[PDB]
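Below, a PDB structure including Taxol.
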Amino acid sequence: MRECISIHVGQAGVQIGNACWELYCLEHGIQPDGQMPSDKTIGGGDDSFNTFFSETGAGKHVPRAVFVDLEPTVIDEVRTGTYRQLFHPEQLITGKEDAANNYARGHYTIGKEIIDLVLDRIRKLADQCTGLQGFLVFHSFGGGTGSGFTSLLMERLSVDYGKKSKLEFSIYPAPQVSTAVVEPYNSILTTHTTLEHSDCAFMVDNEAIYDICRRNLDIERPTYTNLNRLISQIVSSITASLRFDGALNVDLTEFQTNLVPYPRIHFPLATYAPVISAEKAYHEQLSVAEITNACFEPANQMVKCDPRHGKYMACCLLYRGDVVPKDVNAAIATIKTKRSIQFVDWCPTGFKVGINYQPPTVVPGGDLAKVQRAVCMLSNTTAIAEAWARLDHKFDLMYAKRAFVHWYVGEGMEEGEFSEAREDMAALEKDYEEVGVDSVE
Amino acid sequence: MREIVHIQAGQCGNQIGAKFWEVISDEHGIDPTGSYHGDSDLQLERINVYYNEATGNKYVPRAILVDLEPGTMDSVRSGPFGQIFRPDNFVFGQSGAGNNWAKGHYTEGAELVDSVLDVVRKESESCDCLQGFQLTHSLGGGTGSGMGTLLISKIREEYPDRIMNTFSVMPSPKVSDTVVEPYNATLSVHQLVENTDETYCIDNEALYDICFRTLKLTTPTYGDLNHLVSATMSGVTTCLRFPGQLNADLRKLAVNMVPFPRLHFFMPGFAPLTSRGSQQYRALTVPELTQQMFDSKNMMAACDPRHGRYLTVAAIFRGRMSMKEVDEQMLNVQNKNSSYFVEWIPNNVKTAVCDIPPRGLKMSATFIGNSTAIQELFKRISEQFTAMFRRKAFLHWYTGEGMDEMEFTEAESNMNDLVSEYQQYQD
Amino acid sequence: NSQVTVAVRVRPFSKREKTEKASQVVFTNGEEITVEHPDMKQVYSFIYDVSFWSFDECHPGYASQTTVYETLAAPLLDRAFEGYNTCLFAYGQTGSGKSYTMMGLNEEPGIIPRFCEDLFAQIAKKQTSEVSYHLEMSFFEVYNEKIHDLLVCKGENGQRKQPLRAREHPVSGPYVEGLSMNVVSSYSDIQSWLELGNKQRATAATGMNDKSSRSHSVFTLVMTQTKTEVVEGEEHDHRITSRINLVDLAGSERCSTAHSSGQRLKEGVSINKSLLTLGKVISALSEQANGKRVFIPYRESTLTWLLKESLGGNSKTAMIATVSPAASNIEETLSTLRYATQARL
Ligand SMILES: CC(=O)O[C@H]1C(=O)[C@@]2(C)[C@H]([C@H](OC(=O)c3ccccc3)[C@]3(O)C[C@H](OC(=O)[C@H](O)[C@@H](NC(=O)c4ccccc4)c4ccccc4)C(C)=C1C3(C)C)[C@]1(OC(C)=O)CO[C@@H]1C[C@@H]2O
Ligand SMILES: Nc1nc2c(ncn2[C@@H]2O[C@H](COP(=O)(O)OP(=O)(O)OP(=O)(O)O)[C@@H](O)[C@H]2O)c(=O)[nH]1
Ligand SMILES: Nc1nc2c(ncn2[C@@H]2O[C@H](COP(=O)(O)OP(=O)(O)O)[C@@H](O)[C@H]2O)c(=O)[nH]1
Ligand SMILES: [Mg+2]
């Protein structure tokens, strides 16, 4: 009745999906063979909730998702791995060639040949759904598939569907760390195309999760299997009101109404405060006040953006477990009491609240602990302009000499587009400077 | 699938390939009969990246051997790992080159290049999505320089959308293993830079220094030198064959390591290398490997990077290791050694990781670097070259075979212009 | 010393557009050229060393076809009489009236005919029984980084388009092997040659118009000064040579919007590569005029490699860019301005 199609573009999106569909399939009791051991015993119920998972008559539960990577190295781990009998074999393993970390390849060259199949699978599911609301598009700035292809997909989903939600979780580029040299070019050419079409685009930084893991969880040598699980917990808290039942249900249409004031500033941040290990899971009460004070605490945020260098515009707070609203009220009072946390002079409310009764589940072989309650904060700030400027300086430093451009023209990017796109990001860096101003009566 | 065609030309390329295949077969589990006797199953998933199939569950490689005298081809055949090569691909002729770049580019090379292309077309048309080509060739010599460059020129017209790599063995500073190193190497460079994507510039003095200092060997034969180049060649094409956390391939590195097209001359490097005794007193971690790689006593280019600013750097690691260690140690390298890096490129490094390492190591690493030091390899040649050409020393062996003095000054000016191009980003 | 003398020319509305009511988006204020959207949000403003505002006949600063010649070219011809090589460029998508600006009409000449006629007129005024002036020419093109000559005919077969190759002379400079060169004494001779060259040129439709241009085209004039001067034996003919060039470049062609596929994609790629390299060349030349020390990458494209000795050195370069003032064509008009702007700085 309330479905959401999950699109996973690239290696990042696919590994994150392997984490998400592990967590979800653990919650509802699904085994990787696609079956329920409970429904055969109790003889009823829909704990395998139909927001994410479909159902046929033989007693299986197939997910509502499709994978696409433009390379066969990743999806051939799923096909040949543990979750091979769950997914529909229509995963796009169009493994001719990668996008070469070139936005041009994944937007016109190898962006064709693959898209008119992707759209013919998103449409078989939407015709299989009755009350669809959303398109959760996991992708990654920097990569060619994750940037060109995701932008191309957004262009296709805004012409055929229209009045729907289209969201984005994305690995924003770390300021110091990087696995590529032309990350900024692809990022800037992405935000010029994923602006008018997307509704709310979340953002994270692997440097921030690295600093979280070695300071909260006591892990000195982490890896992506220890990060994508936290991202999966974010996505589960974001997408829990559609699965389980709680007092205050917050759907996906409620985010873009409360966190996106103007249509161009839809770039919030995310955080999740209890990241403590079993040893640290004790020695601590885990009350709503501690969590709600941790979610605003720097060094627990998931982007290297000191929010004390800027102001906030809105903050959604999605809670889970044994929470009483009185404590949330007290905590929000305590937060609005302080002065280090500046709010704008046109959003005194600045808060949305959402509660669910289900606790979060513990993935075996994982790093987190068992909690009676958990929290996720979406937060829009005027601080993130710092990173757009830090990303524009790099673009300018390289485009003055015009390096790494013959690879983009070689696949059909003229010359104006680098210049034209960078003039569209100055407007966004200027809007954030406008909203930070206090009005005059 | 992505697929490579491996051409190899001359006394260097044959002897290198005869060990590189003997290395890839160990990795993927093939024996001298062409049959599979492995233990795992990831060895067959991407065996089509190099090999082709046969009837009795055998595998035959995509090798194209193009010498101009059979004295070396008859050594691969009568060797350990020669009976697997397709006998219709032992291409050769007679009337050898005589270390004359003209004899292997105009007169006695054009009479055989069409026979090589008749094999290249067969071995390309039978491939779903070709990624590019390889080549192993020695500058200074004959066939490997001339016929190699001619094959590059004649491939770049038919398959320009694809990649062409050449693991060039460049000449060395101190000792000349051939008297006509400059006059051949200059004209090989003049034909490479216009018609290549990424060439790896190997030198032999560096490999001597490596095998003597690090590996602590007293009798380094060339079977031990090529044994390194093979590791590098494997490390480059690893994520194209095995899986990992963050994949990579040839074209991604070509985007990240070639800012402008002419500047695609790289220094390679492999880690970890140690003596058969001194392996008991070293730790296997990412920072140790990084220390060994960014040191100058491992780079095979015979040129010190400390004389130059790095323009762009790549790293390909193989093993179950952490990503934070890589993303931290590389940032540390850029921070402490900033003067050895450029400023108008903010991040001069990239990474790639595979989760299937080499047969005997818990983890490995591989290094590629574009540097402004490599000008010294050509600044020397243009010094060696013109001192000969100022008074036409050996030139009569080249005008005799259909050339002219203009074709020398062309390359002499091109190389100098490239030296200027690199020197622009030195101060 | 090296200069670039960027300029822009805005055409007036055509009868087609005055009937169809095409809007106006580009405006002027002296040296400012502003571009205002129909209703979008904002405006960009561009500065150039020279500007030509041919929108309205009654505005001040109306740049007619005569003032275009008396402000850009004539310095090149009064500099070529000194002994220096010159290069004039041209850039603009189809419809902006490049042809109206360079060649022109029978009653509204462009730059080419006024240039050649002022030349031939200065010859006879500047000619004696000892001094002379011999003029040979050429007309060639670039197609996917392959040189081609246009004066010679092609046979009725699949193709007679022989790809001549470029070479480097050690003293004079780069050149082409097999370039036909013909002689001129009256502009009718050059007209009879271009009326064949532009017929033999590459041109095709992609998605917007049936008559376009998909190949750079160079028109070179070699000029000589065989003067006899010595009072010992009436010999020692001290001769000076000059190379004038008037190239007509092509469109930049965002490919996606056209969905290019096949023998159009390659062409767009190669054209845009040549544009990118020429941009670096002009920018670094203007930066070299200010006393810096930098590298001009002529070798990354055939066109620059065949003009190493005409742009650099003690030579003069010039560029005029054409753009339409309509609102229908505004993504292809902003590009031109940004291109020529970076060519200026
Ligand atoms: C007890 C033990 O650890 O044996 C090691 C060993 O002693 C060392 C020194 C090996 C040894 O290699 C050498 O000593 C060597 C060095 C230069 C030239 C020729 C030989 C080794 O022979 C080489 C071999 O290298 C490998 O890891 C792969 O087996 C190697 N395969 C081949 O090269 C090969 C060649 C012919 C036939 C079959 C396989 C390889 C390396 C990279 C990529 C692909 C394959 C290994 C682990 C060892 C020995 C065997 C002692 C080292 O090898 C490499 C390539 O890293 C040399 O330094 C490393 C460190 C290892 O500790
Ligand atoms: N959080 C997280 N980020 C990842 C993961 N894998 C890759 N990334 C990010 O992805 C970025 C690079 O883009 P790619 O991973 O190559 O995305 P892609 O779609 O495969 O792009 P191409 O390789 O060009 O096809 C890196 O900077 C990583 O930070 C992952 O498993 N988890
Ligand atoms: N590394 C290595 N280099 C070699 C080998 N054999 C020859 N060379 C080098 O190749 C050069 C000689 O060229 P050569 O191969 O004989 O010319 P060709 O036969 O026409 O290709 C010299 O610089 C040698 O150092 C070898 O087995 N290993
Ligand atoms: Mg990828």
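Chains: lettered A, B, ... by order of sequence lines. Sequence positions for chain A are given in the PDB entry numbering; the residues included correspond to 1-441, in order. Using the numbering of the PDB entry, the residues shown for chain B are 1-427, in order. So for chain C, numbering is the PDB entry's, and the shown residues are 391-735, in order. Computed over heavy atoms, backbone and side chain alike; hydrogens, waters and symmetry mates excluded. Numbering of ligands and ligand atoms starts at 1, following listing order.
Counting all copies, Taxol can be found at ligand 1. The macromolecule with the greatest number of heavy-atom pairs within 4.5 Å of Taxol is, in the PDB entry, named Tubulin beta-2B chain. Other chains making heavy-atom contacts shorter than 4.0 Å with Taxol: B. For Taxol, the residues with heavy atoms nearer than 4.0 Å are B:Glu22, B:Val23, B:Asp26, B:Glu27, B:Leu215, B:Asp224, B:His227, B:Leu228, B:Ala231, B:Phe270, B:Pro272, B:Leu273, B:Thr274, B:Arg276, B:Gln279, B:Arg359, B:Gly360, B:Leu361.
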